[PDB]
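Structure, bortezomib included.
Throughout, protein chains are lettered first and strands after them, A, B, ... in sequence-line order, and every chain is numbered starting at 1. All values below were derived from every heavy atom in this structure, side-chain atoms included, with hydrogens, water molecules and symmetry-related copies excluded. Be aware that this covers only part of the deposited structure, with contacts counted strictly within it. Order of appearance sets the numbers: ligands from 1, and atoms from 1 within every ligand.
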Amino acid sequence: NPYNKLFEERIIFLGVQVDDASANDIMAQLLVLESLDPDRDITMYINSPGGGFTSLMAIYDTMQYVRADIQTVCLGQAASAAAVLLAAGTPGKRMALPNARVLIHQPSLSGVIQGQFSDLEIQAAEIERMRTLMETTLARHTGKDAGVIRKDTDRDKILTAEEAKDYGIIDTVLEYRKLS
Amino acid sequence: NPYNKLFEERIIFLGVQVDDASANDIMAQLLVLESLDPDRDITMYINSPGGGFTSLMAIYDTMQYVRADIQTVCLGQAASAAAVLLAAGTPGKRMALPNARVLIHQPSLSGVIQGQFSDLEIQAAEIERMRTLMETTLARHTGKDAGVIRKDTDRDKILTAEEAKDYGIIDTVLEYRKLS
Amino acid sequence: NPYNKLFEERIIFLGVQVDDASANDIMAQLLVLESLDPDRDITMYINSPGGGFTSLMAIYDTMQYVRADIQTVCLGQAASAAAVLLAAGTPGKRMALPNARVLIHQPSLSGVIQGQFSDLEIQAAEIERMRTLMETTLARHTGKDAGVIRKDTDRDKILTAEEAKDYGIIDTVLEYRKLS
Amino acid sequence: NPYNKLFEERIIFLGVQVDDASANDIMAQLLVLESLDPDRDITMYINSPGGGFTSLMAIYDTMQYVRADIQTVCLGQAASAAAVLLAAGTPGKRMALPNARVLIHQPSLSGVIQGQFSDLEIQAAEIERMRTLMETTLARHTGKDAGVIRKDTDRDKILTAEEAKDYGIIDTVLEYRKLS
Amino acid sequence: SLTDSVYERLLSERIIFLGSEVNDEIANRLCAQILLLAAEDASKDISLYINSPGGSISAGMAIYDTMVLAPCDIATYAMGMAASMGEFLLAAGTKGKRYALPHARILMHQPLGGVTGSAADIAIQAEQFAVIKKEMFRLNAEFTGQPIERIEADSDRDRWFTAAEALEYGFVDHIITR
Amino acid sequence: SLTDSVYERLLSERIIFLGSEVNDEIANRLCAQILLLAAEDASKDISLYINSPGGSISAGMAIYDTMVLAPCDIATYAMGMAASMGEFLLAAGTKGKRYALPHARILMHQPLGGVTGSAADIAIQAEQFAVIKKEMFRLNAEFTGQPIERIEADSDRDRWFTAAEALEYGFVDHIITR
Amino acid sequence: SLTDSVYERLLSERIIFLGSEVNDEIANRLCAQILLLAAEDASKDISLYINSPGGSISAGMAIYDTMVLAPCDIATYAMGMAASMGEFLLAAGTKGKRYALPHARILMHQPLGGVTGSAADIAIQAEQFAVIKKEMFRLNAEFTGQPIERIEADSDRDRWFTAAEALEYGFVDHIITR
Amino acid sequence: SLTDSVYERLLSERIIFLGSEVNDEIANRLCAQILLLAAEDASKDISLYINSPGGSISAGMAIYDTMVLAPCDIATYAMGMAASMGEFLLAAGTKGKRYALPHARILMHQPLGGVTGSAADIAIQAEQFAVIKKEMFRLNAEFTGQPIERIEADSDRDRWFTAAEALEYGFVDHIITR
Amino acid sequence: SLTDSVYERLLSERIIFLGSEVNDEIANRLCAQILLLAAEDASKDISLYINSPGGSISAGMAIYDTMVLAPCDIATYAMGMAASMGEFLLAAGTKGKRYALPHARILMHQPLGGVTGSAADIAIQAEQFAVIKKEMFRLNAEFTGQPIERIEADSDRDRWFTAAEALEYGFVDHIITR
Ligand SMILES: CC(C)C[C@H](NC(=O)[C@H](Cc1ccccc1)NC(=O)c1cnccn1)B(O)O
Ligand SMILES: CC(C)C[C@H](NC(=O)[C@H](Cc1ccccc1)NC(=O)c1cnccn1)B(O)O
Ligand SMILES: CC(C)C[C@H](NC(=O)[C@H](Cc1ccccc1)NC(=O)c1cnccn1)B(O)O
Ligand SMILES: CC(C)C[C@H](NC(=O)[C@H](Cc1ccccc1)NC(=O)c1cnccn1)B(O)O
Ligand SMILES: CC(C)C[C@H](NC(=O)[C@H](Cc1ccccc1)NC(=O)c1cnccn1)B(O)O
Ligand SMILES: CC(C)C[C@H](NC(=O)[C@H](Cc1ccccc1)NC(=O)c1cnccn1)B(O)O
Ligand SMILES: CC(C)C[C@H](NC(=O)[C@H](Cc1ccccc1)NC(=O)c1cnccn1)B(O)O
Ligand SMILES: CC(C)C[C@H](NC(=O)[C@H](Cc1ccccc1)NC(=O)c1cnccn1)B(O)O
Ligand SMILES: CC(C)C[C@H](NC(=O)[C@H](Cc1ccccc1)NC(=O)c1cnccn1)B(O)O
């Protein structure tokens, strides 16, 4: 079973939309591979369209918690939260395939949430500290000034893997082993 | 199977929306780990958006019933009922990841319930004693005056884990162990 | 179980609509067969209607990453992304059944995405570099000038397998073996 | 399990609507029975309402590819794609039950596909070469002139098994064996 | 229309109908008709015929205030059904001029509503439901002449009345029989 | 129609109704009616009867600006319900001419809305929600004569008023009783 | 109707309303009204009152061209809300005759749209979105008198204005206060 | 209605609007209006103002045939948008009388459709799509004066025009600026 | 309405439109208009302009019988589209008075339908489909003057005609060009 043999070789496969249930699976997998061998590097494969900030920071804190280095490999897409998880790998071990896409953008409410203006001043203060935390996280891991990331994630910033290396999202664009 | 290996290492994973079926699973898991070793600490991982008050107080009473200490760890979100379950851990063992979110707010009817005014004086007296019980529970576990919590949970009170420690929801913000 | 016996004989079966979950399965299968025997050729059977560009370039980069040669065999259809994956096989090992259909066409937004014009200048710059990357990929693997492919994938270009050989999508139209 | 014991006795059961997933199962089954014994005849039971042309020509090419003779047996229905697969058996081994129905008809777009007229000149050139390929295939296997089949599949041509034998779709109407 | 034409000709004869549920649209056109008829002639009676399953409290309180502040005497007529706000506006007619047609049925019951939102919202809706229920029962006790304790006891569940039972209870003043 | 005919005859008597939620359609026809009545006679009062669950802020600000810039004195009448923008336009009447019918209920509450989109969109919606909420509370403090601190404190949740409580608070100037 | 009757009587007084979203239906009837009023009398001002959440660019460009090619001076009035195409047509009024009612709010933002179809379709939609956005910003820079660099910078996200801020920015020429 | 009343008064001034998508309902009423105006006076120009996203080919060919067979000169006016059948009927006006308002945008593109049914049905739809596309391009080459090879090349995808680009290309004859 | 007013004014000029699908509602009003115009003046021609995608056979046979039994000569006009029942009623006009506008397209095809129910129901529907198809082809052979074998052969699938091809085939008698 190919997902088992990834996990037996210490590869957590993100794969799907980052929601609660996807975040719950990875934190279960980050801690088991922490307990199996805390000194051997966990690899995290990321092909996710992102989504979720509390699901982001559940995966983010757990992959920062564990003793093992997290090797993040972007496969075809790391959008929104998944690009933050892609930068969340340990320095020197953040990888991307050459035609992988890194999409960084500020947090967004999917759909309108109603309420009184006192309720909405708090839901707006929440997405503002969701925004600053997304930028403070992505500044620890890209080496940028977090106001630069606010200017850059003002809109959808699609990064090619070669220019996600220059941005600091990843550290290495993966070279092939068949020359075609 | 990573949820089995959490449960074999005495970790109950909340994970999803607290409803009846989620509450039914945890009480089944709180009592089995009570029967396996009542002197060894049950750990409860919380990444829940909350919901449900009778499902809250089903999980709450069961994790207060068992002989084992409950180590509550907030992963990315401990909202509403889940933040009460997060405070429901034993003192000194209530943990949160550094970018976890604790959201405390008063109970709310999801959707309108119709009825005569005599029916609605009782559904309002119910959510009032749902509100006082949410505040009396959260005052036993945070050390606040339960009128302070009424002022604080008047709206949605988002707590960062460092200021959920100051609020008394958790006792320790978890430090990272990446051997680096 | 016939999909297991394909995979035990190192045959990855694409089969379905290329989306995230289909791309996640193949990259799990491309790397396991890379780890089982990196010098023995992986065969990729393609009967897909395509779809997805980040799911395309997730499968594309992984089948270009692995040490094993990828034998792409088109069964009845390689439309959209799947025709790019069909050309993504190693030269000399790109096969098609005689009545298989190869459909190459420029990337397309399924459904309207709304937004401000600054948001739409970026979603249009994205599908433009989705278009150039689809043509640069398909020019490395067909030996065309990538402006020829832009003229050819301007509309839906259905290729019969005998004229997908002349186009460079495949290298061999498969002859039948019926003892006859 | 009765479908396993069909497959262990080298009987591929078509059964359902010919779509991608049904075509993917049969090609997996045609090649496994090719690898188990390439000199022993695969039997293909057809009770399908048809559908799909690329799914047709995926099953068609694979049952023409394999070394084993394909014994096609029509059970109660071979319509559209399935009547072409019924004629796709080896000569002398194309069978039908006496009250089986063979329905041959030209390819059809299920539902309207929109587009510019340049897009629709290609979708019409596609169903025209879908139509000629359906007639060229059915002329190799029935011994007709492929313009005769165009006149005959102009509308829905329902063939009884006794007059699908005269048409050349099948070679033998199966006699009953009730030892009674 | 025809239905609007017949209602317009009865509006000329100072006969207005509450014939639907009392929502804000039917209440505003009745309040408009009472203001139009009281401005047209301030001394002739307005005949309000109630065939209503009841409706919004505030919509019916708009009608009731327009009935009271009109200088005309609003003669009310239970025509088939005066349930909920329909019995309220029936009993809100001028004393001596509240009529039940002999087979009208009067439904009296405490107000219905819905609580929603947070527990601080619902606690304020409940305070306001207690205000509306006390005021609706106070006015039904004023209209019928019953004690407010009996009004509150009878409007616990649905309390149905015939025309003769509504005459004894006090919703109507006469049962017209011609 | 009939309902449009009765409203047209009250428009001739300079009586206009805010009887629905204040959306842009009802606001534009009220603004049209106020502009039509102020052009017809610029010295007679316009009677605006409020039976409204409230509505859009900008729709009600269109009505409120048309009420103020009209040379006529807009007499407002709480008729059953003046909630949200309905209490605002009630209290926006000419001082001395803001009336509550005796069983009208006035609902006062901070504005409702919805945040959506990206975090830079929501940060601008929040700045504008703070501008609208400050301006709505400033005008309710101007209308009622209450301090803006009390207006902001009372319009935290729903704050219901009877006609007598709205008279004490300052939304209306009289409770007419005839 | 009544609402159509009040709008017809203001059309006789040369007062037309943009009171909805600017779609092609509301734009064509405004263009029809401007052509009808300019043919009726070519020297009197047309008062266009804007209560609009904005709408289609090409619908509003139809109105804007009909406003400019009319020999009448189109006096515009921000009535509650002038957003998107509503602020555009507000600022498209005759200079000296662009008014904001004192509590109107003006929303200025780059155009919204949607890309769809193939990458050659979307590349042409993007070229045309750059043409529309440049032309909308050029005209807002012409209307307000602001530089086109400031118009483009302020219309990145939603940029809200009060009546006083819109007077300083240049959308309106006066804030009428009577 | 009001909208029908303003269109009726412009129909008296021989101004008709194509203001919707060109479906058979809008085409038949335009063909009815052109036949009505050509029968009323056969020498005065009919002003057809186009604010259209385009529509059915056969609906617009009904309008185009009614425009040509009318003895009147149909003056056409690109008012905001003349896309597809809207640019066709714009360019189908009388030469010298095809106008673009200065901010109208003209969209030119090959016809859209849909193939469905069996392969013998679709082969006949494709033959007829080639006939319609050749005839639409022949008439746009006749209207604009462009070669049919350039019309076919430009109407491959969407081809947008400003009023000045449509004047150079040949859809309109003047850009009116007053 | 306006659209009904323009059609009423063309009905006074004896111009009726078949402008929709021929269902029973559009057929009955055309049959009503033909009976009304033949009773008004029994010697002047009725101009029936066809812009129709076709429709019900029995609805169009109602129109066709009303066209024939009218003492007036029904001049028919292919205006953009005459498909199915629209080409039938086009070709059903008076000989010498069947016109195609020069870019009308005529679609000729066998009738469509649906079989449903039991096998005894479907066998009777099939007998009746053979009766309708034989009668529709007999009348198209009578109208066009083509043999019924050619009508049946051409109406196998969709058979499209331009105005010039329909003139050669026999649906229309002239292509008017002015
Ligand atoms: C860049 C990081 C912060 C993640 C981004 N933030 C979000 O908008 C997502 C929301 C989302 C997006 C797509 C699908 C499902 C959920 N994160 C959130 O949960 C969220 C919630 N409220 C405000 C802002 N973000 B991205 O849109 O996923
Ligand atoms: C803070 C604690 C009390 C949990 C909070 N409670 C609630 O708001 C929840 C939300 C909810 C869930 C199901 C159905 C209706 C409403 N309240 C309740 O459980 C609830 C259920 N029935 C009546 C009244 N409240 B939170 O919103 O989850
Ligand atoms: C070779 C490939 C790139 C050509 C075709 N590509 C596309 O049309 C696909 C279809 C699609 C899938 C998901 C969402 C939207 C659109 N385009 C994309 O992958 C895509 C995805 N997001 C934005 C823009 N394009 B085909 O459908 O795979
Ligand atoms: C006779 C052979 C060619 C098969 C026939 N072809 C078709 O009409 C079916 C139609 C279909 C069925 C299921 C889902 C989608 C489309 N085969 C096709 O896929 C198809 C698609 N486009 C044109 C023609 N055929 B029959 O109708 O299955
Ligand atoms: C008249 C009274 C005593 C009984 C009933 N009236 C009500 O309670 C009505 C029924 C209704 C109408 C419209 C929408 C929702 C509810 N309720 C109200 O208007 C109401 C409910 N809660 C608070 C304030 N008013 B009856 O009219 O159905
Ligand atoms: C009047 C204020 C104080 C309270 C309430 N206001 C609102 O909730 C209304 C919501 C509404 C209602 C009907 C239609 C459209 C929008 N406020 C607004 O219009 C609004 C909301 N957010 C931003 C700007 N304006 B009430 O009117 O419901
Ligand atoms: C006035 C401008 C600056 C601001 C806004 N404009 C628009 O968003 C308008 C409204 C609209 C209409 C249909 C679909 C999408 C959007 N945009 C357009 O009309 C538009 C959109 N894409 C291309 C051309 N025009 B507002 O009017 O909504
Ligand atoms: C008009 C020319 C320039 C190009 C475009 N035409 C079309 O797309 C329209 C599509 C349409 C529109 C409304 C209702 C039904 C069908 N073309 C047709 O009407 C059409 C399509 N296929 C065959 C015959 N006519 B435009 O209108 O979008
Ligand atoms: C008119 C002739 C030449 C060809 C076509 N006729 C029809 O399809 C029409 C349209 C229609 C209406 C209702 C249900 C099914 C079909 N066929 C019939 O009216 C019809 C009459 N009898 C039996 C079955 N269908 B055309 O109108 O599309």
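- Counting heavy-atom pairs under 4.5 Å, the chain with the largest count for bortezomib (ligand 6) is, by its name in UniProt, ATP-dependent Clp protease proteolytic subunit 1.
- Other chains with a heavy atom closer than 4.0 Å to bortezomib (ligand 6): A, F.
- The closest approach between a heavy atom of F/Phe88 and any atom of bortezomib (ligand 6) is not below 4.0 Å.
- Within bortezomib (ligand 6), counting atoms from 1 as listed, the ones closer than 4.0 Å to a heavy atom of F/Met136 are 1 (C), 2 (C), 3 (C).
- Taking a 4.0 Å cut-off on heavy atoms, F/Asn23 fails to register as neighbouring bortezomib (ligand 6).
- For chain A, the entry uses the name ATP-dependent Clp protease proteolytic subunit 2.
- For bortezomib (ligand 6), no other ligands or ions have an atom under 4.0 Å away.
- Nearest to bortezomib (ligand 6) among the UniProt active-site residues of chain F, at a heavy-atom distance rounded to 1 Å, is F/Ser84, 1 Å.
- Of all the heavy atoms of F/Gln110, the ones lying under 4.0 Å from any atom of bortezomib (ligand 6) belong exclusively to the backbone.
- Proximity to F/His109 (heavy-atom distance under 4.0 Å) selects the following atoms of bortezomib (ligand 6): 2 (C), 3 (C), 4 (C), 5 (C), 26 (B), 28 (O).
- Listed by number with element, the atoms of bortezomib (ligand 6) under 4.0 angstrom from any heavy atom of F/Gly54 are 27 (O).
- In this structure, the binding site of bortezomib (ligand 6) at 4.0 Å (heavy atoms) is formed by A/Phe117, F/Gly54, F/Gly55, F/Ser56, F/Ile57, F/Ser84, F/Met85, F/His109, F/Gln110, F/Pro111, F/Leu112, F/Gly113, F/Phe129, F/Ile132, F/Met136.
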